Amino acid sequence: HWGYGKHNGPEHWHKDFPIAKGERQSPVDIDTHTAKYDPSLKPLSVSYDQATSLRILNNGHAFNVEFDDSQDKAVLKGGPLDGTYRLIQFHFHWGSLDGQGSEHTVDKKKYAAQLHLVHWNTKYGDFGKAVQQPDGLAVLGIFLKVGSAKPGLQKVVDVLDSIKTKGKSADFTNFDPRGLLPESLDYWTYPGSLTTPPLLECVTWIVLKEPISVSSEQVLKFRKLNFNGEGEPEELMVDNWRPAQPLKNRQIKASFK
Ligand SMILES: CC(=O)Nc1nnc(S(N)(=O)=O)s1
Ligand SMILES: [Zn+2]
């Protein structure tokens, strides 16, 4: 079905998901000079101290770490959000080289990878209903640049061997997502969509200004993953990112000046 190759890549997605050419598609390029500082925007409130990770899984497009979202144990609120959003999973998008990999870009600059922490608005009851609403999800986006190792990402890096191919999964408990956060929580925000099919326009994007750095050896491990299932020809999982989409009639607000 869909993927990131030339025959099923992002340029082909519109044929099965017409909304690919919609009005609030993601990702986008963040032009730092036309972004509007908005002093009425509140600080983000990330409460991940009760977070419960359960499993890590290679879904053939990326790898996801899933959390128990049966109760308000890891939530996001504040910022441009109203209500509570529960963390359901986080995943990454990365490139084949260090100069590409992120989905969002800042003044056209691409980062080595991009981490997405996905949350759904609890007023909707479950994830499936939330994706059907304009204010259903809140995704926290964090850029990764190659530099020094991120201690808090190593646990994730070491388990990849066990989920090398599509469909593989592994128990992944007691992982603390707080170890992936940059020091500052300043951000840009705009209304957008999921960056993979079905590309629903149900997301309030919150992109952090400050990147976290990971080491070259850490990102290398990501690139060893496979898109294919076991027993199939090896297709390295790299460049699983969608290019920037037209901003159209949207404004990017910044929480800092
Ligand atoms: C279960 C789930 O989170 N679905 C998603 N699909 N694309 C997403 S992204 N790239 O916009 O964060 S999240
Ligand atoms: Zn994503």
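Residues displayed in chain A correspond, in order, to the PDB entry positions 4-125, 127-261. The deposited model was determined using X-ray crystallography, 2.0 Å. Whatever order the structure lists them in is the order used to number ligands and atoms, beginning at 1.
The drug assigned to ligand 1 in the PDB is acetazolamide. Against acetazolamide, the chain with more heavy-atom contacts than any other is given by the PDB entry as carbonic anhydrase II.
The list of other ligands and ions under 4.0 Å from acetazolamide reads ligand 2 (zinc ion).
The protein atom (non-hydrogen) at minimum distance from atom 2 (C) of acetazolamide is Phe131 CZ, 3.5 Å. Of all the atoms in acetazolamide, the ones that sit under 4.0 Å from a non-hydrogen atom of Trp209 are 11 (O). Counting protein heavy atoms only, atom 7 (N) of acetazolamide is closest to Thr200 OG1, 2.8 Å. Taking the UniProt substrate-binding residues of chain A and keeping those with a non-hydrogen atom under 4.0 Å from acetazolamide leaves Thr199, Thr200. The residue of chain A annotated as active site in UniProt and closest to acetazolamide, together with its heavy-atom distance to 1 Å, is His64, 9 Å.
In chain A, most residues contacting acetazolamide belong to UniProt domain Alpha-carbonic anhydrase.
Per UniProt's Zn(2+)-binding annotation of chain A, a non-hydrogen atom lies under 4.0 Å from acetazolamide in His94, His96, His119.
In this structure, of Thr199, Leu204, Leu198, the residue bringing a heavy atom nearest to atom 10 (N) of acetazolamide is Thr199. Shown in contact with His119 at under 4.0 Å from a heavy atom are these atoms of acetazolamide, numbered in order with element: 9 (S), 10 (N), 12 (O). In the deposit, the organism given as the source of chain A is Homo sapiens.
Binding site of acetazolamide at 4.0 Å, heavy atoms: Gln92, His94, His96, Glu106, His119, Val121, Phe131, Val143, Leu198, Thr199, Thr200, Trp209.
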